[PDB]
Enquirer: 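Structure with sulbactam (bound form) attached for reference.
One letter per chain, A onward, in the order of the sequence lines. To match the PDB entry, the residue numbers of chain A are left as they are there, and the shown ones run 27-57, 59-238, 240-288. Per the PDB entry, chain B residues shown: 27-57, 59-238, 240-288, in order. We count ligands from 1, going down the list as the structure has it; atoms in each ligand are counted the same way. Computation of the quantities below employed the complete heavy-atom set of this structure, encompassing side-chain atoms and omitting hydrogens, waters and symmetry-equivalent molecules.
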Protein chains: 2
Amino acid sequence: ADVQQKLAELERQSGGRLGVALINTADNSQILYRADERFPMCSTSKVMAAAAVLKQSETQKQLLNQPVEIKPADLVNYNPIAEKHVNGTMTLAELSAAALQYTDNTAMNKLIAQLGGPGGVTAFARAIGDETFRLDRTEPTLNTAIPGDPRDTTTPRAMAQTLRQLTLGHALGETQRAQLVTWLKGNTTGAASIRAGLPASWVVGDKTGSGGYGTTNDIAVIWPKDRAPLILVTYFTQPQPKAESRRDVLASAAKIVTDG
Amino acid sequence: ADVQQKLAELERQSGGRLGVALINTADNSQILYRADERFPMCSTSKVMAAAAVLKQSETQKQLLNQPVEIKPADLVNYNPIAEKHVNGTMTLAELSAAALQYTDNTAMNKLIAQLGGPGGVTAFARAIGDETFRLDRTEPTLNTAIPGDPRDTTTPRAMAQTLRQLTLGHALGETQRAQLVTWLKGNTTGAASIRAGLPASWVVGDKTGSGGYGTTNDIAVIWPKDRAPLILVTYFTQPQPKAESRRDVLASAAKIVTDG
Ligand SMILES: *C(=O)/C=C/N[C@@H](C(=O)O)C(C)(C)S(=O)O
Ligand SMILES: *C(=O)/C=C/N[C@@H](C(=O)O)C(C)(C)S(=O)O
């Protein structure tokens, strides 16, 4: 029984390029497949941006309650939460929840702007020891996912490490760490992705992403039953510009790497 | 015609029974498939229980804030939220969110006890004009889903009509209808079911269900992009006790009934 064989078979049969990094926090062990290749993050980058604003809030203690104007011109495909508040305001906490738990691209843009642009999200990544991540565009163009383009990419291994530090480690202050985890656990978009490959009894927080080239991503923190948590990154992208999403590939990869 | 033939084709390759009821609120049109047969509700019954508690909160002011004790003996499969509060408390708002947005079966049992048992949830259904719904057992046994058993069943037609009345109609007070819709839109478990058959721009609130006999259910309110909402019930059950879940079949049914 061979995890590399299974992942290579999934990838080949899918017609795409699959990247996987698992961290088992029980013993610091990893399962890696194309873990040092760059992939387009798409909306999985919203974790870094929300965590950056959380970090800000450790020193601007009322920042999460700050109202932010939502104008009709701010609407970008998709905006299921912000469209309801156009011509009004949303707080940075509401925006962070919207960006994380829903598909909300306008909410992401407000986080980016709060951080002073894409470079602000990259600067946070650098501050917490992630030298791989880069954010260079706003929404929606950060999702173009063109093959060979390094913009708005990271590697599975780096993002697994970062997500571990953010959700289980000490990148954030305790309240901010707990907030992030509460938001990820309340994600609405994830049941077809990593979670579909796992036993139903396991608890998952996750952020999904999807863009050009059939790019289909998920990053997750997982609590198996009375076991130590796992961090799992599954990235996937395809050769055709308009390929269909493949959440089932991410599910299949999550089952392969957690079986046993 | 086209639709009916396609649903039958789907059903014939699915290895089970399929029940569908779509209400298009633009014109009150319906698309029905086995819509007067009984199916096991499993966790889709949590909608009726949360709504009955919302109804109670119209007259017991502050009911949703009321803390309820969680003890070890209360834990039933699955309990992702209630487990964190064992030897502690959850408020009726937290138990309603827990039951709606996650898998949590302990949270449902507390809603049922707040209503005076399974029969109190059936009484509420009757109070809002549903003469079909019938809750007869607590969690987890209400999910046995044995073929032929009338316990804990409804029909697609009745459930679609009830969900319309609850979410879009006047079965509840306006503040409480809005709370129900907010909870449903925040479901975490739905992305592989009805939602997986719909365009990504459409906004969905939904409640899934699973149980014995490979029972795989979803009931949803759907807001297509700048169109009047849809109600969709998709129920599915299989002939062998230990059959696997078929969320894909629900997604496929949703795509068939909305393609027109
Ligand atoms: C987060 O991952 C957001 C992705 N957005 C894109 C998608 O494919 O879902 C679009 C197309 C909505 S965005 O216009 O790039
Ligand atoms: C809601 O629909 C919950 C159903 N629960 C069951 C499932 O199939 O997920 C179990 C098996 C967890 S419960 O013990 O019946």
Enquirer: Specify the chief binding partner of sulbactam (bound form, ligand 1) in this model, using its name in the PDB entry.
Expert: Beta-lactamase
Enquirer: Quick one: what other chains come closer than 4.0 Å to sulbactam (bound form, ligand 1), going by heavy atoms?
Expert: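 Other chains, by heavy atom: A.
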Enquirer: List the residues forming the binding site of sulbactam (bound form, ligand 1), heavy atoms under 4.0 Å.
Expert: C69(A), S70(A), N104(A), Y105(A), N132(A), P167(A), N170(A), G236(A), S237(A), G238(A)
Enquirer: Which residue and atom, if any, anchor sulbactam (bound form, ligand 1) through a covalent bond?
Expert: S70(A) OG
Enquirer: Tell me: protein heavy atom nearest atom 14 (O) of sulbactam (bound form, ligand 1), and distance?
Expert: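 Protein heavy atom at minimum distance: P167(A) CB, 3.4 Å.
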Enquirer: Please list, in number order, the atoms of sulbactam (bound form, ligand 1) under 4.0 Å from a heavy atom of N132(A).
Expert: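 Heavy-atom distances to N132(A) below 4.0 Å select 3 (C), 5 (N), 13 (S).
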Enquirer: What atoms of sulbactam (bound form, ligand 1) come within less than 4.0 Å of a heavy atom belonging to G238(A)?
Expert: 8 (O)
Enquirer: Considering only protein heavy atoms, which is closest to atom 15 (O) of sulbactam (bound form, ligand 1), and at what distance to one decimal place?
Expert: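 For atom 15 (O) of sulbactam (bound form, ligand 1), the nearest protein heavy atom is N170(A) ND2, 3.1 Å.
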Enquirer: Please state which protein non-hydrogen atom is closest to atom 5 (N) of sulbactam (bound form, ligand 1) and give its distance, to 0.1 Å?
Expert: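 Answer for atom 5 (N) of sulbactam (bound form, ligand 1): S237(A) O, 3.4 Å.
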Enquirer: Looking at the neighbours of sulbactam (bound form, ligand 1), which other ligands or ions sit under 4.0 Å away?
Expert: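 Near sulbactam (bound form, ligand 1): nothing else.
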Enquirer: What protein heavy atom sits nearest atom 1 (C) of sulbactam (bound form, ligand 1), and how far off is it?
Expert: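 Result for atom 1 (C) of sulbactam (bound form, ligand 1): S70(A) OG, 1.3 Å.
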Enquirer: With a 4.0 Å cut-off, strictly under, does atom 3 (C) of sulbactam (bound form, ligand 1) pick up any protein heavy atom?
Expert: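 At least one protein heavy atom is under 4.0 Å away.
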Enquirer: Hey, which atoms in sulbactam (bound form, ligand 1) end up nearer than 4.0 Å to a heavy atom of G236(A)?
Expert: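 Reading through sulbactam (bound form, ligand 1) atom by atom, the close ones are 2 (O).
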Enquirer: Going by the order shown, which atoms of sulbactam (bound form, ligand 1) are within less than 4.0 Å of some heavy atom of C69(A)?
Expert: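 Contacts of sulbactam (bound form, ligand 1) toward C69(A), numbered from 1: 2 (O).
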Enquirer: Give yes if a backbone or side-chain nitrogen or oxygen of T235(A) is under 3.5 Å from a nitrogen or oxygen of sulbactam (bound form, ligand 1), and no if not.
Expert: no
Enquirer: How close does the nearest protein non-hydrogen atom get to atom 11 (C) of sulbactam (bound form, ligand 1), and which residue and atom is it?
Expert: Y105(A) OH, 4.9 Å
